[PDB]
Amino acid sequence: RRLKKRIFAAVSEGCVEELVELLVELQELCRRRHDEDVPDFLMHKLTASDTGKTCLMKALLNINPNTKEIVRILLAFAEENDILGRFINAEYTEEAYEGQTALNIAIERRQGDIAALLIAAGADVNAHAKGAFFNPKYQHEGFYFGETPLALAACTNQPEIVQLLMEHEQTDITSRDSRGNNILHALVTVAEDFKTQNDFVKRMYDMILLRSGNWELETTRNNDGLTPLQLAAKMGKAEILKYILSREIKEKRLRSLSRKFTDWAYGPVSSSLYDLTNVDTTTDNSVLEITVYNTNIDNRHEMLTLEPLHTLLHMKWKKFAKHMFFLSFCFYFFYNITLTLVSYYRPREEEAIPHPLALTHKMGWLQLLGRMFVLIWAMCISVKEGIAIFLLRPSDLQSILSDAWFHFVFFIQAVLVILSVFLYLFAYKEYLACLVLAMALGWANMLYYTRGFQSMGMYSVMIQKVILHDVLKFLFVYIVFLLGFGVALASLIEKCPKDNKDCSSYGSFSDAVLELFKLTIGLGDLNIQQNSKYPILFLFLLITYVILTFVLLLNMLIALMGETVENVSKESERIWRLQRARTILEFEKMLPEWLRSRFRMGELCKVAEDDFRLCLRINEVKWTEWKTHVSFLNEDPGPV
Amino acid sequence: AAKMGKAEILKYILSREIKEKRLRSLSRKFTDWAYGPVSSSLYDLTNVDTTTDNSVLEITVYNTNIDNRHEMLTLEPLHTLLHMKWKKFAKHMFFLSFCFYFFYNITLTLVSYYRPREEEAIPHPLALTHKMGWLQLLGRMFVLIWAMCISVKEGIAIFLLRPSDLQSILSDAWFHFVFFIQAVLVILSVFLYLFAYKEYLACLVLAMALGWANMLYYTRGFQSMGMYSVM
Amino acid sequence: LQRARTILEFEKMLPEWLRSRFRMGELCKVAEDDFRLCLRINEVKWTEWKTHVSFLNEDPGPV
Ligand SMILES: CCCCCCCC/C=C/CCCCCCCC(=O)O[C@@H](COC(=O)CCCCCCCCCCCCCCC)COP(=O)([O-])OCC[N+](C)(C)C
Ligand SMILES: CCCCCCCC/C=C\CCCCCCCC(=O)O[C@@H](COC(=O)CCCCCCCCCCCCCCC)COP(=O)([O-])OCC[N+](C)(C)C
Ligand SMILES: CCCCCCCC/C=C\CCCCCCCC(=O)O[C@@H](COC(=O)CCCCCCCCCCCCCCC)COP(=O)([O-])OCC[N+](C)(C)C
Ligand SMILES: CCCCCCCC/C=C\CCCCCCCC(=O)O[C@@H](COC(=O)CCCCCCCCCCCCCCC)COP(=O)([O-])OCC[N+](C)(C)C
Ligand SMILES: CCCc1cc(O)c2c(c1)OC(C)(C)[C@@H]1CCC(C)=C[C@@H]21
Ligand SMILES: CCCc1cc(O)c2c(c1)OC(C)(C)[C@@H]1CCC(C)=C[C@@H]21
């Protein structure tokens, strides 16, 4: 293998003369040495076995200003000895790198000129790469282009090569990779925001679709049942989603491939009929379901401006969800009042036994429907939220924000009511402690129903983000000081002469924690005389607790100050639109078949000749940029 | 460049790529490979790690006569190098610290509210227990050994205090003293009580209150709490 | 910053055998007659492109 290793060193450096020298020798060699299987042994003297790497690969992996040459001498050599098929179509063999061919290397190293040669020489254009570096799971183990040479040219912004590969036949544009993705899914995969990758996926996602001329690639489910449209929604790619929905192909013969059919235009005013094929919840998983109920991404706020949704969210509220949100509040109001107008009349007395909420049995009519409404609606929450418990594929944060703080307290409230009626039934006196939490949890949870009511809605967000993030810290350090300084003053106190009982406020530890607790809130009375060994030390630990406590309270107002000036005006108004969206859809999931169909949005359209699809009209006004409006669906400018 | 605090020049010395051949040997940014956007850059750690004597990672951190030590620690054979040392060994040792310093104050505290809150003739507060059960033996004994342990150790941090330009005040030394004072007041008392003095109680109580407030120190490897203990 | 002092102050404590085990780095053939420690830091960059020529090892990736 001396001739083998030296030719590898030849393509490496760039020595063309030294290459042509051994070029003759391998030509002189194979005629008489190891004949009768010439092209196999000849190839075997070019294969870097245990890797599959041939000379042509070794040439283009290592680019030098003298590289266009060494390719040509090997290609003309492949022509003479007739190995041109297996020569170019050879691939690596190891699992870490499989399928990587010559065309795969040339498209990466920006040698677009050499690419045109290898394609014309008969390179398998619809190649693949099913290795590990080419299908990583974690980041920074490799690069996912999509197991086609076309994708690597498009993902890496090589439009000249994409056009050339595209025009050449045998270029199956409807191909599919290992994980089922076609060329369009992969472009949705590798696409970041404008801070990162500039815009070229938006431009290259356009170029392939315009020329394709069919509703084929945009309607392909990879393996898990996802189109490029749905895939863009799940991963959280906002820029590409803005294009897919609001796509106008003004050039005729491809107006059919649009979703922005302009109904008409009279000067500044125009009417754009967007489409709602797979955006509404009529079918299975859609944008409006994925965009809202997803939690594994972070930018769900920015997506809900994209505007066959925002108009679509608002109209669902005006129709049905505004009412159902209020019909909810009236029953949940009547419930707590019922639970409360039992709790302050029957428990505040004792004869032998009161039955608190059980089957009334010797009470008037007023109290029958009272107690009965509690148990049925108590079980009703107790069941329902439990399904929301179960369908809780882990909300990435936790029980904490984005919804699940509230579905538990609803659940806990329902359990504690029914739990008590079981406790009381056997014998137990523990019924009262459960009704009282059932009130206090209930009243504080009426605060929940403030989201379809604006500015209050933003206020119920700010309280929540504040009782998760800053106050929880302040307690945790306020505990350790209180419990810390609590012992110090609870131990410095000494003998309580029984002749002078209740000798001091600070006695046991339990009293020290509270009489310090009353001090913090601004309540009670203080006298530095309490029976102690050191009245000088007994105060220094107290004035200590005043200062050290006080300092954190200033860390409080500034830590929220450093939170509110950055967040509120953008934070509250936007996540409010989010949680309001879940409320709309969650009601739409409830509705029966006949009632949902009646309230289904949309209006039919003749967007083109052989094309009827749903729509949603959104008028607008625009003055700054003008045109001689030519793209009309219907020429008559206006309604009717 | 590290000692004087010159950040711009340090950014160049570490991340130097001499792409032109014949002088690639003079680099510290050897690219292992590159496949399109993804690449792998093998930076160097000749005199950046603490394997040898005074280095960047020792000078950049322990220096106080400059002001811009923050901006330097982004320069990135350090930031990656700081983070990996934590994941390996220092995350654990920081928590093994907190458990013993937790068990210490609880020990010091579960003596302070049971024996001092009574008086017969004399209680021996923390001395050699001598007619107590096993629970109280390892209790008192753990206090004195670990009390001396802080009392010694921080004292070396006292001595190796080429004046931290501010003072005892910020950038570290506010906390190494209260650790020291806490350790002194405990052992100081056991000496005071030994002779005859009644002053033992006043020292145990500061030993608690200083101790509990200094548990706030151990909040730095735990993020957002860590930023709160700075503010 | 203060987190950095905590890391090193612990590293100053560690005995000889335990420090050597936890020593970072990996050997490299950066050049012909040159072996030195290293630390791999991968990255991602999209805005500026080039026909990458400066390779230590030609095989693009781990292993
Ligand atoms: C976060 C902490 C937990 C939160 C809790 C939240 C709720 C607040 C909790 C309130 C509890 C209030 C007192 C309860 C009733 C008394 C019983 C008791 O506990 O004490 C008994 C023993 O215990 C002691 O004497 C305490 C000594 C150890 C202090 C531990 C503090 C740890 C904080 C570390 C923080 C780590 C920070 C880490 C930083 C990274 C003595 O009590 P007594 O005199 O025998 O009892 C009176 C008798 N009576 C009741 C009949 C009248
Ligand atoms: C024609 C009528 C036939 C009956 C249809 C019945 C349909 C009702 C649906 C599903 C039927 C099954 C009921 C299950 C009961 C428990 C569900 C539950 O929790 O509900 C909630 C109320 O949610 C509601 O949907 C309101 C229920 C009041 C009756 C509405 C009738 C009018 C609907 C047509 C109106 C058209 C008006 C538009 C203008 C033209 C109670 O709140 P919660 O316990 O905290 O629940 C969590 C959810 N939440 C926090 C987001 C609120
Ligand atoms: C600056 C203004 C803003 C901030 C202000 C600070 C805010 C608060 C910060 C911190 C809380 C501070 C603690 C206060 C406790 C005082 C009372 C005490 O310790 O002893 C007393 C009670 O003792 C108990 O009841 C023992 C504790 C029981 C466990 C429940 C703790 C409640 C905390 C829930 C946390 C909810 C978290 C949910 C929200 C996120 C006396 O003990 P006793 O003798 O046993 O009882 C007397 C009656 N008996 C003799 C008849 C039995
Ligand atoms: C194989 C084990 C053999 C033993 C090795 C012994 C090594 C220990 C080192 C030095 C030995 C000498 C000890 C001197 C005692 C006083 C020092 C001191 O203050 O310590 C501190 C704890 O600091 C620690 O280092 C933790 C000590 C607990 C034992 C750790 C054993 C596991 C080490 C291997 C773990 C590998 C796990 C990684 C995953 C694989 C106490 O806090 P402080 O008093 O306030 O001190 C100031 C410093 N501080 C504020 C920054 C915290
Ligand atoms: C008001 C914003 C939403 C809300 C509702 C609640 O029901 C409660 C909330 C918050 O905070 C906690 C969990 C601390 C409360 C504990 C006890 C009660 C009586 C109520 C709990
Ligand atoms: C909490 C942040 C760090 C800290 C720890 C402490 O130990 C103390 C701190 C601060 O402030 C002073 C010095 C005023 C305290 C004096 C008395 C006590 C009981 C504690 C002192």
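The chains are labelled alphabetically, A first, in the order the sequence lines are listed. Numbering of chain A is taken from the PDB entry, so the residues present carry the numbers 117-756, in order. Since chain B takes its numbers from the PDB entry, the residues it shows come out as 348-578. For chain C, we keep the numbers from the PDB entry: what you see runs 694-756, in order. Contacts are counted only within the shown part of the entry, which is not the complete deposit. Note that these values count all heavy atoms, side chains included, but never hydrogens, waters or copies made by symmetry. For ligands, and for the atoms within them, numbers begin at 1 and follow the listed sequence.
Looking at ligand 6, the drug among venlafaxine, tetrahydrocannabivarin, cocaine is tetrahydrocannabivarin. Other chains with one or more heavy atoms under 4.0 Å from any atom of tetrahydrocannabivarin (ligand 6): A, B.
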